[PDB]
Each structure stands twice: as structure tokens, then as C-alpha cells.
Amino acid sequence: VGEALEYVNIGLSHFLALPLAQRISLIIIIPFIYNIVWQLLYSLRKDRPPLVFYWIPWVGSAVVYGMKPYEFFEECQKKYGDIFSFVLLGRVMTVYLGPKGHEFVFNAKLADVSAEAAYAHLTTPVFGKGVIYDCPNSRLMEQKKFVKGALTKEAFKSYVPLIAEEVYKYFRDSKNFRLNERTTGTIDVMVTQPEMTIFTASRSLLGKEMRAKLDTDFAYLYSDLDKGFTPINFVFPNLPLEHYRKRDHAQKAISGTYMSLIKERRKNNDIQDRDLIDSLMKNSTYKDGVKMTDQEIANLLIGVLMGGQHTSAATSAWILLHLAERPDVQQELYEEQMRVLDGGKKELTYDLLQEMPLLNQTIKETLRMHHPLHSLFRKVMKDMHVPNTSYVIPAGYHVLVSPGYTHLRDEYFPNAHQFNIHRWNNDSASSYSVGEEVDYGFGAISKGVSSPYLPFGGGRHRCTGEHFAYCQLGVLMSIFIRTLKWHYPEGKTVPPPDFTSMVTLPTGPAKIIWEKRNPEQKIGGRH
Ligand code: HEM
Ligand SMILES: C[C@@H](c1ncncc1F)[C@](O)(Cn1cncn1)c1ccc(F)cc1F
């Protein structure tokens, strides 16, 4: 029976003869049907985690994961346990929930997983080339080592009065406050916190020159570049549209400003220990002798500042929002300010910040309820066996880990959805290496990453901005608490999170009503 093969060919010929309606109709029915037939077959493998079923091909569970990622995970965890895959915008994501997932992903061997393959398409078009994820891991490890050189205790000692002054200036001059002229007012915390975060971070990490730029129309380039930081970069990283060209123009104009300051400092040999720019100028030689270019130094600055912008601004937005319905906590924090700072007669110092455990537990608890990053990912480079299982995660998959999900589990945090800074009494550290330690190129960090509380990640990709974030959030909240009481308009409460930015932001407009503790207090200086 070669007669059959002839009819194969005849059928192929008649196929290409169909009316164009039926040919496009067939162009959609065939992949859909195949997609379901493939999942059903896939769901038989014993060496693959369960795969979340989905109707639309390529799209996958993208809509559900994107809008309600922790709800998606809880549903999947109830059905399939702690390991399961789901299709997402063309990728397969293998999720591993809970502390053993933290260990599987955050401590995966450098050979098995790649962060830069996962992230580069999100960050490289915003930050620029050659740094962070547009470079091999060992370069990244050392860039973190260079940034850490400016994030020392002694640096934080000089940043505290800089950050504090910036907050007072903001209270004095910003339209949102004007404390010298109003005793009460209403703000949207998603306007005020992003602005306060960029002003305080610029002044301390970037220096006075870069801070001064933000009082000009130059500040619009930060807005344009900020807009370019979006999950759309995973599908359309470059499209010949205005959004993208404004992004690229901002990246070039902003990195040009940094290089101009860098080259002017070197031209005058004016390199002190003022800011992170001084620091990187003195210290950006890799261990194989290669030196970072002024452009790579500038792109590193953008990426570090931009990442710290979003996480910190989100977090201080959430602190304000939780305290607006917790007058008890504001009272509690105010008393600690009065006791640590001798009734407000002692100036805030970095040392005194460490003696304010309730303030630091408020940051800590906010990073529990509202982790700014619901998902961290790697691309799997070599097949991985899931220990004590029959599961194998093949190369070309992605592993996804979500400590923010574990932060919200009653099993690890009793009453996980109640905001209680006292769940941290006797434990106000920003995190804790609770045992051994290892160095990946930027300093010794906890060897284990099994803690259920992992707001700053762990392993080779762990955050290097933790202590800067606490310093900055600490000075800002110390001043907010000693200066203002605040509350919600009638009937309003803590807004639910918006996860689509991939930074967990309050849903707007998130407004609070502030009023001066001392209506007669005046903020000195010029305006
Ligand atoms: C509330 C504040 C912050 C939180 C909760 C936070 C959280 C995190 C987390 C969870 C990671 C691990 C990423 C991964 O494993 O994929 C990370 C990495 C990182 N963060 Fe932060 N971060 C914060 C603030 C900052 C700040 C202020 C800076 C800079 C001053 C910064 C710079 C970095 C850097 C350089 C990395 C390393 C990424 C890598 O190795 O690939 N972060 N952060
Ligand atoms: C890649 C990015 C991210 N954003 C959102 N969901 C997951 C993510 F991994 C992020 O980790 C965010 N971030 C972490 N600490 C501060 N910012 C990041 C890290 C380093 C950096 F230099 C810039 C930067 F954006």
C-alpha cells in the first residue's frame, strides 16, 4: 500500500486549495488543537512538574499570573503542590514555592541557571550596554563589589544628614506639603514617595551636582527613562514608537550627564569620597585588569539608581499607607523618636538610627506584607533534577522563585495578612545570615537561603542595596513620624496591590491626609 502515500500528497495538494477563510481558520484551529493534545500528553510525564493547563497558545497563563500572581500561585499550589510549570508569553516557567524553592533557585549552581539570560531584555534597553545583565556573571559580581564600596557604615554616616535635609526641603518646597504655609493637606503617596525617593537617593548616591539637575527640565528625562522600565520589554524591547525613542534619548542624555561629571572630575583630578561617582571613579577595575568605561560606569549608576528607585519608593508608599490606618503604630513610633532623640533635641545620626528597633521593624514588616518584587527568575542552562523528586527541569526552561509569596503564608507568618511590627520584636535586623557564609565576589553572605523571610534575595544575586534602603527609608520615616500625623479620607483604607508593573505598587490614587504635629514649626533656609 503505497496508495496511501499518494493520497498524502493529494491531500497536501487539496489542502493548499482551500478557500482563504478556511485556510486562516485552519491556521488557528490547528495550533489550538495541537496545543491541547500536547498538554494532555505532557501531563503523563513523571519527570516533569505538573504544567498549569491553558487554552490560548503562546499567551499561556500570562493574564492570570500578571494581574494576580500570588493568587495564581495559591491556586496552583492547592492543585499541584509546590513545584509546577506554567506557560507565559512563549516561555515555560517552573515555579518552586516555599523555602526549598528559595534554596533551589537562589543557590542554584552558576552553571545551571542564568539571571542575565532571564533579565537582560528588561534592563539592558533601559540601563545601557555592558553592565548588570549585559555582561557575564563575574563582571556583575564585581560591579556589585564596586557599588558596595560606597555603601559602608561611614558612608551611611554622611548620607543621613544629606537625606534628612532633602526630606525637610521637600516638606518646605513641594506643592504636596509646604509646611511653612499649610498645617494640613492631602497627598497621593504615589506622587510624593517617587519624588522623595529620587531626591534623597540622588543627593546621597549621585552627589550635589546630580541632585541639582533634578530642579531643572532635566528631571523629565528621568520620567522618560522610568517609563521605559516596563514588563513589555519582555515582548517588545524595541518598537519604532515614541515611547521607545524617548526612553533611548533619556538613557543617552542621562548617561551623558554622568560621564560629563565623571570626565570633568578626572580632568580636574577632583576625585574625593563624596558620592558613588567618586567611588566608582577610584574603583572600577576588574580582576583581569580590564577597566570599566565611563559609559559602563554611567549605565551602572542608572541601573542601580533605577532599581533602588522603584523598590524603595514602593516600600515607603506602603509604610505610609499601612500607618494611615494605624494611629497606634504612629504613636508607638513617635514615642521611640522622643526617647532615642532626647525629645527631638538630638540630631538624627546613623548610629541613632540603629537604636530605633520599632521603626526598623515597621520597614521589616512592610517588606513582609509588600515585597516589591513578586517574582525573581533565572533561565535554566542545564537540565536540573529536583532533589527528592522525580522532576527534571530541562535547559531552556525558567525557574521562578517568590519569597514575597512565602511572606504571606500563615504557616510561616501567623496571620500573614495582618500588619504587626511586633511580630519582629527581639529581631529587628534587616535580614540575618543565621550560620555559615560564602563570598561570590562582593562580600560574605549567608550560605543558606532557606529563611522564609527573604526580602533581599540570597545567593550570588542577593541585593547589595539593603543597608542603603534601610538607611534611606529610616531617615525618611523618622522625619515623617516626628513631623506629621496622617490618616485616610473617610471610608478609604489600604489599597490592594497592583502587580502588573512587576513592582508591587499600591493601586491609585492612594491618598492620605497629613497634618503637622507642630502647626507652628518652620523649616529654615531659602525658597
Ligand atoms: C526595599 C528595597 C529593596 C528590596 C526589597 C530589594 C530586593 C532585591 C532582591 C530580592 C534582589 C535579588 C534579585 C534576584 O535574585 O533576581 C535584589 C538584587 C539587587 N538589588 Fe535590591 N532591593 C532593594 C533596594 C535596592 C537598592 C536601594 C539598591 C541600590 C542602591 C539595590 C540594588 C540591587 C542590586 C545591585 C542587586 C543585585 C542583582 C543581581 O545580582 O543580579 N536594591 N534586590
Ligand atoms: C531586575 C530587577 C527586577 N525588577 C522586577 N522584578 C524582578 C527583578 F529582578 C531588579 O532586581 C529590581 N531591583 C532589585 N533591587 C532593586 N531593584 C534589579 C536588580 C538590580 C538592578 F541594578 C536593577 C534592578 F532593576
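Here chain A follows the PDB entry, giving residues 8-534 in order. Indexing begins at 1, ligand by ligand and atom by atom, following the structure's order.
- Short version: main partner of ligand 2, named per the PDB entry, is Lanosterol 14-alpha demethylase.
- The drug at ligand 2, chosen from praziquantel, zolpidem, voriconazole, is voriconazole.
- Counting heavy atoms within 4.0 Å, the binding site of voriconazole (ligand 2) comprises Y126, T130, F134, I139, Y140, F236, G310, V311, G314, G315, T318, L380, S382, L383, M509.
- Of all the atoms in voriconazole (ligand 2), the ones that sit under 4.0 Å from a non-hydrogen atom of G310 are 21 (C), 22 (F), 23 (C).
- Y140 OH, 4.3 Å is the protein heavy atom nearest to atom 20 (C) of voriconazole (ligand 2).
- Near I139, with a cut-off below 4.0 Å to any heavy atom, the atoms of voriconazole (ligand 2) are 22 (F).
- Scanning the protein for heavy atoms near atom 5 (C) of voriconazole (ligand 2), the closest one is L380 CD2, 3.6 Å.
- Scanning all protein heavy atoms for the shortest distance to atom 8 (C) of voriconazole (ligand 2) gives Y126 CE2, 3.9 Å.
- The ligand atoms of voriconazole (ligand 2) that sit less than 4.0 angstrom from a heavy atom of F134 are 23 (C), 25 (F).
- In terms of protein heavy atoms, atom 15 (N) of voriconazole (ligand 2) is closest to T318 CG2, 4.1 Å.
- Distance screen at 4.0 Å: atom 23 (C) of voriconazole (ligand 2) has a protein heavy-atom neighbour inside the cut-off.
- In this structure, the protein non-hydrogen atom closest to atom 7 (C) of voriconazole (ligand 2) is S382 O, 3.4 Å.
- Every atom of voriconazole (ligand 2) is numbered from 1 in the order shown, and the set under 4.0 Å from a heavy atom of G314 is 16 (C), 17 (N), 23 (C), 24 (C), 25 (F).
- Annotation: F236 places no N or O atom under 3.5 Å from an N or O atom of voriconazole (ligand 2); distance criterion only.
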